[PDB]
Amino acid sequence: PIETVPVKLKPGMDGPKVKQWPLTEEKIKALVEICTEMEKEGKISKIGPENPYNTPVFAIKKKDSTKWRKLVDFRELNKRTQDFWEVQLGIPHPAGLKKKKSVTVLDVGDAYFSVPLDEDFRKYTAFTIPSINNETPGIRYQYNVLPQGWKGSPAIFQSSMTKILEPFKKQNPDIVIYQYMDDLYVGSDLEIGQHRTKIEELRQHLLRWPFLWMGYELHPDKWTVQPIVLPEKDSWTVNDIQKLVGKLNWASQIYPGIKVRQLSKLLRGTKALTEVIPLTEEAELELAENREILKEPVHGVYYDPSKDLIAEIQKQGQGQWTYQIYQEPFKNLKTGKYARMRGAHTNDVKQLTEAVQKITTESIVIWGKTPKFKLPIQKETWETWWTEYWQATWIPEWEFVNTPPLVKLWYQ
Amino acid sequence: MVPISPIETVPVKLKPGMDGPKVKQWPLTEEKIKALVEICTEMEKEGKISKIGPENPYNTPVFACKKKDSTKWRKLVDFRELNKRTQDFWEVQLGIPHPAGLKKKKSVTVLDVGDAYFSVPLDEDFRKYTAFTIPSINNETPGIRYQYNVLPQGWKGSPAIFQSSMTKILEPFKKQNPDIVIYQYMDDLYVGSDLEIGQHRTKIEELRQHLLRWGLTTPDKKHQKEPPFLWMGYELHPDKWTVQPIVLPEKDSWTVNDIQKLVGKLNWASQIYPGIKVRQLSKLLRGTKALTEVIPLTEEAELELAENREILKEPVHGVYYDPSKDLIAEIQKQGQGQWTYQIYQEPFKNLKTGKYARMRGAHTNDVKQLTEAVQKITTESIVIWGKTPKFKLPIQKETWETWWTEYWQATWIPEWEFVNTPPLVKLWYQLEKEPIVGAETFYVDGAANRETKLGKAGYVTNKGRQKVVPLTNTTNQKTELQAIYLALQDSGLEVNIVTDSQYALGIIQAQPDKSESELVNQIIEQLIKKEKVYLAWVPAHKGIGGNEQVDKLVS
DNA sequence: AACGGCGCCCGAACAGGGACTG
DNA sequence: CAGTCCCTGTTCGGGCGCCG
Ligand SMILES: Cc1cn([C@H]2C=C[C@@H](COP(=O)(O)OP(=O)(O)OP(=O)(O)O)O2)c(=O)[nH]c1=O
Ligand SMILES: [Mg+2]
Ligand SMILES: [Mg+2]
């Protein structure tokens, strides 16, 4: 009884044609069981090979959850319908969500299954379930309702979502509610008991209309930044000052007031690397001034909503990972560091996976966007293991880099 | 008035703005003339081909070759112009089934659908786009033109439609027989069960009659009821499997196209024959772009080929997959970037073997290449068995721990254990983390002219030692590597080296043990002889230490 | 002399970043 | 500041094996 909202691709673009990658046995068995129930419920239907479009699919388990969840890699389809969920029916981002003391993320993707999808657009939601050892050809489906993981789903359901959340927002005018992809971000300044009590009222408010029982909690007021810090030693060697000048020279690309004149004067001649160099009176002055500039904020750094967010990650060793988020080079909007995540001291890929998920979550709260990541890993290494550790219902864009650390810039 | 088959049709459209095929026929021999006129007459009575007239302004030629070495002939249409204008299909064939992924089944039957493509209907609105004339005489009778009511062989959409139509027909039978395994690859059907031989043939006949309801025939010609079964190019026995006999050509004078077929068979043979190498044979296929050019076999390619033929002498076989047992993968280093592995569940009962010998990067080390071989085995194992095997690797736990914890990139290996089978993989040198007290400090640099390609390279040290070497036909990058080489040559066992070259430092910090650059290989040889080496970087053109002094010398 | 699938080893074309020259 | 170079990387299409 609902008229399907017309959905069109961006002009001049064809639908996604991305190959399905191999899945483990437990993932295929999970997807076969899930798709069988969805087909019995009419959410998906089998299709033939005359549909040239395809989108990868796999399965995940969220944090502390034993239940398999179907996840479609709609990244290609999403950027081929970008003028829909950003120009026609866009969701405004609340600037106060990041200021709230506690923010709980609720999985509401199952509500999208109640709204039919435009018949002319269902062909672009095609996916293929693989088989072990290629026993059978691929089992192809396409969606009949709004699919989870498609940016057009919360955009179309937004009108339906507003009416559902309208009584609750009137009951609590201080609560900030943000919707991104399949998730709902609920932030408040109430106490932990008061917050979780209000979260359950919202759950019951949604029930009167399979992962609604979970509530991942955030605390953006506790989020920290990792500035550039300089070492403080009692004695300095030629090697120490050579590393310091190298760090300050690169840092001058961010803070133009940094000087290295009185410090390079200490390195006059051809001295041994371990020779102790006492800092002169002017060198102490120049090093003290540089430490204050690193505390001052960077000039003219603000968020541009029309530009993409970029995230770079550095492996620092011993469970330490630093990251920077920017839109223009050396104009970082945020710098941070993670330590002692899951997989620390045993698994780099699980840590890097965890770090990407945290950075994306922070970007959704602060700006409403997911950044494109520059991952310090080989492509084949990441593509072999990352789905084993993924616990989120969205997937950011990423590319692969290889920058040897000439100077430890973000972590001494 | 042709009867509509029970198989549901597949709606096939064309690319917009384009029409159908209009290609003239190809003059062929009279042997092909008397072998296709009888086909278009038999298919017309069976409803597989209908005759058209002047209302169908299309045409397409058809060249024919014999069937797969048998009494029958094969008809294939040249739809290369129809494929350029037909809509794209998404292929549902995602890979090739491997016999090592088959589980033990008490009873096994291999079927083969007769007239696969000729038993599946074509779209009603698409039959008009398949027009072709048949001249009974090469230059007399104009010949009545026919059309296709089924799937023609040669069309780019025929395989995808048959595989999808076959699945929909097997779905109701598989739902009524869950314990029966049906490997469906094109038209050949591998049917297996743990039922008794008597009860197994009963369900086979039930399946044969089920397929017959849609016009799918399973004749007794290619019906296999007893081992060894010929399935997917293998020999399937009740408890083991092997590849069909592989014959390597033995010529006196070898050309380019012969080595390509030789390396191809050795790749196909390396899935069960352990220790096959194709490094030195494929090395002969470099540079020369003349397929009909004689290439003499090098001494390294001759010894490699002689060792491959001796492996193929003794017959080998693989076993089948048992889900109750673990998967084990063990890797050996064959030298010169060559790796061989075996995947098994019980010792010396290999499911399959394989090799990894890809050289990626100008500079690398054995640890990087071992990591790559592990990733290749993991993805291959997920395709065949859907899980990752436990690895047995010829690298100490301490060696691996040192590499991955110190590398700047994320790297990881799944659950594994050390196996002591030399040659062990190790790191051949370790750069120091702090400067070395008492070791001479070399400030190195090198510059080169973009135009004349001339350059210099040298160093200055804290003890007054100095060198400048002029170089001819070089680059800025090469002189920076040369400067580090000079400092390693002229230093003691412990040395501190200061450079401003991000390029040179990046190569050496990754601890390579092999390189496509002779200069880097010489640098590696020096780094191994040292006891301690500390590399330090400084920004160029900043008046920093001796770097400013050595910069004046070489520029 | 056809179609589709997968694998390997190959080279040409292309992208991208440091560094020097006008 | 552009426009090159040098070096190193990925993508892709074709050679071959094999299947239907
Ligand atoms: C071997 C082969 C096959 N095919 C297509 C056609 C039918 C299926 C199976 O081929 P087939 O089993 O050898 O012949 P088929 O048409 O089934 O006839 P039968 O011998 O089974 O009676 O794949 C093809 O298009 N080109 C080929 O070279
Ligand atoms: Mg057949
Ligand atoms: Mg230099």
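Chain letters run A, B, ... following the sequence lines, proteins first and then strands; every chain starts at 1. Counting starts at 1 for both ligands and their atoms, following the listed order. Atoms considered below: every heavy atom in the structure, side chains included; atoms not considered: hydrogens, waters and symmetry mates.
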TODO: Give, per the PDB entry, the macromolecule that holds ligand 1 with the most contacts.
DONE: HIV-1 reverse transcriptase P66 subunit
- [ ] Report the name of the drug modeled at ligand 1.
- [x] d4T-TP
Task: d4T-TP (ligand 1): other chains, heavy-atom cut-off 4.0 Å - done: B, C, D
- [ ] Name the ligands and ions, other than d4T-TP (ligand 1), that lie under 4.0 Å from that drug.
- [x] ligand 2 (magnesium ion)
Open item on the list: Help me out: what species does this PDB entry assign to chain B?
Closed with: Human immunodeficiency virus type 1 group M subtype B (isolate BH10)
Open item on the list: Could you pull out the residues near d4T-TP (ligand 1) at 4.0 Å? Heavy atoms only, by chain and number.
Closed with: B/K67, B/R74, B/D112, B/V113, B/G114, B/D115, B/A116, B/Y117, B/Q153, B/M186, B/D187, B/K222, C/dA2, C/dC3, D/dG20
